[PDB]
Every structure is written in C-alpha cells, then in structure tokens.
*Asks:* 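The following entry includes lobeglitazone; I'd like to go through it with you.
Per chain, numbering begins at 1; letters A, B, ... match sequence-line order. These values consider heavy atoms only, across backbone and side chains, with no hydrogens, waters or symmetry-generated copies. Remember, it's 1-based here, ligands and their atoms both numbered in the order they're listed.
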Amino acid sequence: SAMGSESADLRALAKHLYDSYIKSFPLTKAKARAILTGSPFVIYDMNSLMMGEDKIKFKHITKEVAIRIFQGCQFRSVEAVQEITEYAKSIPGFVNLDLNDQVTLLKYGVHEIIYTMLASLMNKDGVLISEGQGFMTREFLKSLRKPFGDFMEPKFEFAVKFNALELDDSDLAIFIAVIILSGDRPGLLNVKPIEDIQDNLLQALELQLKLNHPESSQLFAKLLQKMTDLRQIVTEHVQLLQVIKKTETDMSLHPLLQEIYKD
Amino acid sequence: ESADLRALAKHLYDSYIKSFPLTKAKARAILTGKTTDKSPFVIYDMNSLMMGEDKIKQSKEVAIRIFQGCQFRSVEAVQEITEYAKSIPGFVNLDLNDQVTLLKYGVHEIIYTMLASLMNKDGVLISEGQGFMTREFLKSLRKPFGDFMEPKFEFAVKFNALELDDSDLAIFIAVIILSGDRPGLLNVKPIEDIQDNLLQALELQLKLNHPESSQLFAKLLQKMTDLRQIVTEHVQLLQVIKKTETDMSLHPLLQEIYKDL
Ligand SMILES: COc1ccc(Oc2cc(N(C)CCOc3ccc(C[C@@H]4SC(=O)NC4=O)cc3)ncn2)cc1
Ligand SMILES: COc1ccc(Oc2cc(N(C)CCOc3ccc(C[C@@H]4SC(=O)NC4=O)cc3)ncn2)cc1
C-alpha cells in the first residue's frame, strides 16, 4: 500500500531469515573466515591425522584412513541435516505446507545446502572440521587412494569460485531458503504454493544483493547460476556414493548403523 | 524456558507424524469404525488366519508363522524409530557408538509402547490396520508361544487407560530412547542432560493436555516398570524358543539387536 512498504517487508523477511540462520548454524561464515585467515590443529598427512585423534574428540570412531575420513564426513552430514531441518521451519510458509512435501523438499535439498555451507568453511587450501577446531588440507584429501582422492576436490573447486562472490551470512540465509523452496523436486504434491513462497524469497534475495553488493553487477543472476551448478555437484556426488557401496567392499555389517545413514 | 519446552513438544509431535504412518489416532479410528474404509479382517482361528492370506495385502506352522509376522513388524518399526530418533535434538550429536547403543536397548520398549496404540482388550491391529487378530486366538497357540502376547495385552489395557494421545507419546518415546542406564554407554552424562529436558517438556505437555489427570506424569513414568518387564520376559521367551524350535531364520536387524552385548 504505502510507498516503500514492499521494500520494508522484503528487508524484514531478510532479517528474520538471518536471525533464524544464526540460531540454527552455530559456526557461521563470519566466524569461519576469521579462523581461516588467522588456532586449529592442522591435519596435513596421515601421520598428523593420527596425532589429531588426540587433540580433538571425534564422535564417529567405532579401519583404513580413507574410509574413516569418509565416515567422518557422513557423521557430520547427518548432524547438518538436523540443523538445516530446524532452519527450514523458520522459513515463512514452510511448516504450513503438506507434511509429505516438507519431507520431500528436505530430502532433495539438503545436499545442495550442505555443499553451499561447506564453502563457508573452505579456502583454496583446505577445510575447517570439528566445529572449527581442526583444519584438513586440500592436498591431503587429494592424496587419498581411489576413489576417495577425488571425493572432496570438486567441492573445493566449487567453493573457490563460490567464495569469490564474497557472500555474507545475511546473503546466504536467503540463498539457502530459496534452494529449499524448490518446486521442481521429484514427487511434490502441491507445487504452486512452494513456487509462491520461493517467489517471495527470490524477491528478498534480489533486494538483499542489490543493497549489500551494489558494485557486483548482476550478482543475483550469478548466484542463480550457482544454484544450477550445485545440482551438477550433487549428481556427481551421488554417482560416487554408488561406486563406494558397490566397488568398495563393506556392506551388510552393523545394520543399526546402516539405518542411521540410509539417506 | 516454557516457550522452549512447548516448541520442543511441537517439534517432536511433527517428527512423530512424519516417521510413523499408523498413529494412535488412525489406529483408534480403525478400531472404533470411524474411517471410510472396509473394516479390518478379523483373524480369530486357524481357518480365518488362512483366509487372511487372501484378504490382507514362509513357515507353514501356525505359531511360527504368527511369530515371524511379529518379527517382520518389528523390523519395520526399527526403521521408523531410527528415523524418529535422529530428529530428537542432540541425538545425532552423541558419540556414534552411544547412538547405536541407545537404539539397540530402546527399540523394543518403544515397539511395545506403540503396540498398545493398536490394541484393545480383545485384540490387536495388524498389517497397517488391514487386519485385527484376536487376543483369545493369540492365547491358544502351542507352547512355548502360550500367552506370549498376554503380557503385552495386560500392559496395553492399563496403558491405554491413561488416555495419552500422539502428541504425548511423541515425547514419552523420546524419553525412552534417551536413557542413560543402557549397558555399555560410553558417555552417560550428555544423554541424561537431554533426557532431563525431555522430561521437563513431557511434564508440561501432560499438565496442559490433561489438566484433570492427577499425577499423570508419575503414572506414565511408572509404566516403564511394565515395559522393562515385558522386554525381559520376551528375552527369556526367546531362550525357550531356541530350545523348542528347529531352524529359526532371523532378520539381520533383530539378530544384531538381540546379540548379547
Ligand atoms: C581424527 O579422526 C578423524 C576422522 C576423519 C576426519 O575427516 C573428516 C573430514 C571432514 N570434512 C572433510 C568436512 C566435511 O566434509 C564433508 C564432505 C562431504 C559431505 C557430504 C556427505 S559424505 C556422504 O557420503 N554423503 C554426504 O552427504 C559432507 C561434509 N569432516 C570431519 N572429519 C577427521 C578426523
Ligand atoms: C495373513 O498372514 C499373517 C501372518 C502372520 C500374522 O501374525 C501377525 C501377528 C501380529 N501381531 C500379533 C501384532 C504385532 O505384535 C508384535 C509382537 C511382538 C513383536 C516383537 C517382535 S517378535 C520378536 O521375537 N522380536 C520382536 O521384536 C512385534 C509385534 N502382527 C503381524 N502378523 C498375521 C497374518
């Protein structure tokens, strides 16, 4: 109605999402970048990985090093799913969707969000682990045997390009909401209300980027192009997950643990 | 802190609806005839059990076949309960060995709690509500399966008299999972801290949802005596079954759960 009210409503939505993102994700990009730019224990080879087991208490140990790193990543992704699920509840409209559509949106959205937020913890030379208490080098991850040596490298390649956009946590809170509210996920029952919510989130993202990054020509479009790129990264990751359970022998052992990590 | 506890209650109820397709509300609707679906098929003897083959969507002997049908239900329930447990705030952040231990020693307490939702004094819903198997038929089975469901029916009658609904049960089942006394837990204190918060939320939920029900919180917590007794008696029955039966193929999930330590 009144002049400026549309801008104000979009800024209020942006602020709400940022405040919720702070409540849901303790290690924000701001906190991560401070750590990366200078202290965490550095894991830079297999010997320092064994020494790192002492300095930090990792929760996933019950094998060969490449397998154990992978299972440590899977433990952390399960924790991330619970944080992202909590965040999703604060996106206006989400909890009023059909319950099956909520589950579907999270099922098919969490991996894109995981790799988006992992970029916040990465620089060109490695990644923060254990809530910022450790740092594992990119070179060490690349040195793992096939097929684990190329598990993290496409994530680093994405992150260096993505981080060059210099998004902050207020930008990312809205970007992550836009990814969750994707009306093209397989099996959704009511697509229209999801696209309606996403329309409002896209309006909020566009205004946030125009105000926060006025010098960054067409940043909104560039960020949508990245959303397209994350789809590719996730499809590649799922391919490797199918390699690790066929090619890499270790299958029907510990059925309860298999259950926690089914999907 | 009251708002946090209500938010926790709401979160657990939502996760419970997402994890368990056959809720108590849906089961009660079926048992009382509310639904717009054909009434469940009633199995009350051998002949009707046989017809249940064709009315409802390996072992040829009756007792074993009933027993194996219970085992496959538990396998399904374990999958649903594990999905629910991961939603309990703090659970997936525990040491992974302790996550496994909590599921190993908690799933059957939850299975029998939720079995009561599908029971009345005369029988129990089976196959997603498609069938109803009578308590008297289950009592008739040959030894060692004589009265093997009777402790479950006795518990359910008393438990259902508490009048809990799904929103109450969601918090109760979380309290069960987060039990710091399970054998072999490595880090008891983080589990007790979560259970403390769940108990606070359960107390508030019961006072708000059942304001007229005196000491319902205490009476619900006392039902763990009944539940642990059911589990110990069932483990003992399994030991008898090992002696009285020939080859007993067991699902890998149940063999892990029943593996001693
Ligand atoms: C000393 O004990 C230790 C043992 C191991 C160890 O390695 C690590 C590495 C690590 N990261 C590299 C940081 C997290 O990266 C991730 C990579 C991939 C995913 C996607 C997961 S994976 C899958 O299959 N499906 C998924 O969705 C998620 C996160 N995080 C934690 N531990 C360190 C210490
Ligand atoms: C039409 O063909 C049919 C074939 C079989 C048939 O019998 C039944 C009976 C039944 N209940 C009696 C209802 C479920 O009670 C249960 C009792 C015990 C358990 C625990 C299992 S047992 C074990 O040792 N460890 C376990 O964790 C689980 C559930 N549920 C499903 N099928 C009916 C029809």
*Asks:* Which chain is the chief contact partner of lobeglitazone (ligand 2) here, given by its name in UniProt?
*Replies:* Peroxisome proliferator-activated receptor gamma
*Asks:* If a contact means heavy atoms under 4.0 Å apart, which other chains contact lobeglitazone (ligand 2)?
*Replies:* B
*Asks:* What's the shortest distance from atom 21 (C) of lobeglitazone (ligand 2) to any protein heavy atom, and which residue and atom give it?
*Replies:* B:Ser74 OG, 3.0 Å
*Asks:* Could you find the nearest protein heavy atom to atom 25 (N) of lobeglitazone (ligand 2) and give me its residue, atom name and distance?
*Replies:* B:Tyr258 OH, 2.9 Å
*Asks:* Just wondering: what's the UniProt domain of chain B where most contacts with lobeglitazone (ligand 2) are?
*Replies:* NR LBD
*Asks:* Give the other ligands and ions closer than 4.0 Å to lobeglitazone (ligand 2), with numbers and names.
*Replies:* none
*Asks:* Looking at lobeglitazone (ligand 2), does any of its N/O atoms fall within less than 3.5 Å of an N/O of B:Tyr112?
*Replies:* no
*Asks:* For atom 24 (O) of lobeglitazone (ligand 2), find the nearest protein heavy atom and state the residue, atom name and distance (0.1 Å precision).
*Replies:* B:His234 NE2, 3.0 Å
*Asks:* Help me out: UniProt rosiglitazone-binding residues in chain B, which have a heavy atom under 4.0 Å from lobeglitazone (ligand 2)?
*Replies:* B:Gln71, B:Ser74, B:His108, B:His234, B:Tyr258
*Asks:* In the protein, what heavy atom is nearest to atom 8 (C) of lobeglitazone (ligand 2), and what distance, to one decimal place, separates them?
*Replies:* B:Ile66 O, 4.1 Å
*Asks:* Would you mind checking which non-hydrogen protein atom is closest to atom 16 (C) of lobeglitazone (ligand 2), with the distance to 0.1 Å?
*Replies:* B:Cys70 SG, 3.5 Å
*Asks:* For atom 13 (C) of lobeglitazone (ligand 2), what's the nearest protein heavy atom and its distance?
*Replies:* B:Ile126 CG2, 3.9 Å
*Asks:* Of all the non-hydrogen atoms in the protein, which one sits nearest to atom 6 (C) of lobeglitazone (ligand 2), and at what distance?
*Replies:* B:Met133 CE, 3.9 Å
*Asks:* What residues line the site of lobeglitazone (ligand 2) at a non-hydrogen cut-off of 4.0 Å?
*Replies:* B:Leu49, B:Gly52, B:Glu53, B:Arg65, B:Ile66, B:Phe67, B:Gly69, B:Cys70, B:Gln71, B:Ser74, B:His108, B:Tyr112, B:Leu115, B:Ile126, B:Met133, B:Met149, B:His234, B:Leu238, B:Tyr258
*Asks:* Can you pull every nitrogen or oxygen pair between lobeglitazone (ligand 2) and the protein closer than 3.5 angstrom?
*Replies:*
| residue | atom | partner | partner atom | Å |
| --- | --- | --- | --- | --- |
| lobeglitazone (ligand 2) | 24 (O) | B:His234 | NE2 | 3.0 |
| lobeglitazone (ligand 2) | 25 (N) | B:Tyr258 | OH | 2.9 |
| lobeglitazone (ligand 2) | 27 (O) | B:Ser74 | OG | 2.6 |
| lobeglitazone (ligand 2) | 27 (O) | B:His108 | NE2 | 2.8 |

